[PDB]
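Report on one structure; see the data block that follows.
Along the sequence shown, residues carry numbers from 1. What you see below is based on every heavy atom in this structure, not just the backbone, and it leaves out hydrogens, waters and symmetry mates. Atoms within a ligand are numbered from 1 in the order they appear, just like the ligands themselves.
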Amino acid sequence: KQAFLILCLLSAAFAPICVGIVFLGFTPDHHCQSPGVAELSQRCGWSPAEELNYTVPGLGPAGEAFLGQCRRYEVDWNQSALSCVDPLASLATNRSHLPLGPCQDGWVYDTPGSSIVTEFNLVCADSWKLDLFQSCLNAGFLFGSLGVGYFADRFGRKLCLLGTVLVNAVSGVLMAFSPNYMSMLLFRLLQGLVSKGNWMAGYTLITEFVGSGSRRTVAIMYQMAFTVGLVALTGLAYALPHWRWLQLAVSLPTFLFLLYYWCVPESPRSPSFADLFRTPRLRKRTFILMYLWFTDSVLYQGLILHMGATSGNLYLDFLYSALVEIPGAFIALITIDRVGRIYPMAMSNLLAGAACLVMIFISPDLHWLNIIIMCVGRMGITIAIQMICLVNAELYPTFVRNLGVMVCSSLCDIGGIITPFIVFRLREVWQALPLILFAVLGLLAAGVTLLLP
Ligand SMILES: COc1ccc([C@@H]2Sc3ccccc3N(CCN(C)C)C(=O)[C@@H]2OC(C)=O)cc1
C-alpha cells in the first residue's frame, strides 16, 4: 500500500496550519521602552528583576496589568540626581501623581525567540489584530467549503487536487517571507482557501479507496493522523524558537512530498437545499446537527486557544493534551460498535461542559490538577467530534448526503471565525467569562443531543 501512508501524511500536515497560532503568536510579557533607562541601569547595576520593579509601573489592586504593559512614566532618566537605591522617591511625594504616557518609543519583550506579536507589535491598542489572524484563516475555510465543489466540477479531480496541494505549499512557504501584516493576512486567507478543500478531498479519496464496509476504521485513522501532526508540531516548535523558522519547517515537507508524489496507480481511480427544511423531521435533524457542529468547533478551538493563552508551560501542556486524543479515539472505536452513538456523544459533551465549569474555581498554583481537567475536557470534545463525524452519514440519505455535509460543516467555519474574539477579547473583561460561555454551550449541546434518533 502506498496511498494510505501519503494520505495520512497529508492529513497530518493540516494540523500546523489550523492550530499554529499557539506557537506562531505567543504573547510574552512586555513594557514600554524608555530611552536612558539602560544607561541608568548600567550606572546603578540594576538586575532585570530590579529594573522591572523600579521603572515599570507596578500592579494595582486585583492585578491591573494594563498600567505596566501600555504606560510609562514620562521622566528624564538622564538626570544624575536620581538615586540608585530608588529613583522614584526623588520625583514626587506620591507615585500616582507622576505623568503617564503610551509606549511611543517601542516595546521590550522578555523572550529569546520571536513571534508575530513580538515582530508586528500586536499589543495593547493593536492587540485586537491577533484574533484577525485566525479569523482570516477560518473565513478562507468557509469560502473553500463552497468553492472547492464548483472547482472540482469544472476541472479534473486529480489535477484539481494536485493544483490545490501545490497552491497550499506555495502559499505556506510564501507566508514566512511576508514583510508586513496585510500581506501575511493575504497569504493566510489564500492558504485557508485550499487547506480545508485539500483535507476534504483527501477524506473523500481515502473513503473511496476502501469499500463502505470499513470506512469507520479508515476515518478514525485519518483523524488520529491529525494528532500525530500535532505532536510533530509540538516537537518542531520546541526545537525552533522563531516563527519564520517554524513556518518554513512546517510548509517545506509538503512541497518536498509533492516532488515525490507525481503519480500512483490507485490515484486516477440533483438534491435541493430547500429539501432539508420542507419536512419537520429533517428540519429538526438539520438544526440539531448544525448546532452540534458549531458548538463542538467553538469548544475545541476555544479550549486550545485558552490553553495557549493561559498555560504557564505551553509545550508540555500541549504535548499532554494532544496525546489524550488517541485514547479518546480508541474509546470511540470501541463504543460505536457496542452502545451506539447518541448517548456516548451526549455524555462526552456533558463531560466537556463539566470540565469547563470546574476549571473556573481552580487556583493558579494547582497546575497538576488544572492540566488533568484540561486533558479530560480535550478527551471529551475529541470523542464528541469523532462521534458527530459519523452520525451524519445515517440521518441523511445518499440523495442529499453530500449537500447536507457541506451545509452542516459550513457552520463550523462561522464558529471558527467567532471563536478568537470570544477567547481573546472577553478575557479582558473577566478571565472566567470565556469558560462560563464554553460551559453553557457544552451543557446545552449535551441537552439537545438526546433528540437525535
Ligand atoms: C464531514 O467531515 C468533516 C470533517 C472535519 C470537519 C472539521 S475540519 C477541522 C477544522 C479545524 C479544526 C478542527 C477540525 N476537525 C478535526 C478535529 N480533530 C480532532 C481531528 C474537525 O473534525 C472539524 O469538525 C468539527 C470541528 O467538528 C468537518 C467535517
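Most heavy-atom contacts to ligand 1 in this structure come from the chain listed in UniProt as Solute carrier family 22 member 1. Looking at ligand 1, the drug there is diltiazem. According to the PDB, the organism given as the origin of chain A is Homo sapiens. Checked against UniProt's transmembrane annotation for chain A, counted from the N terminus, the segments with a heavy atom under 4.0 Å from diltiazem are 1, 4, 5, 7, 8, 10, 11. For diltiazem, no covalent bond to a chain is modeled.
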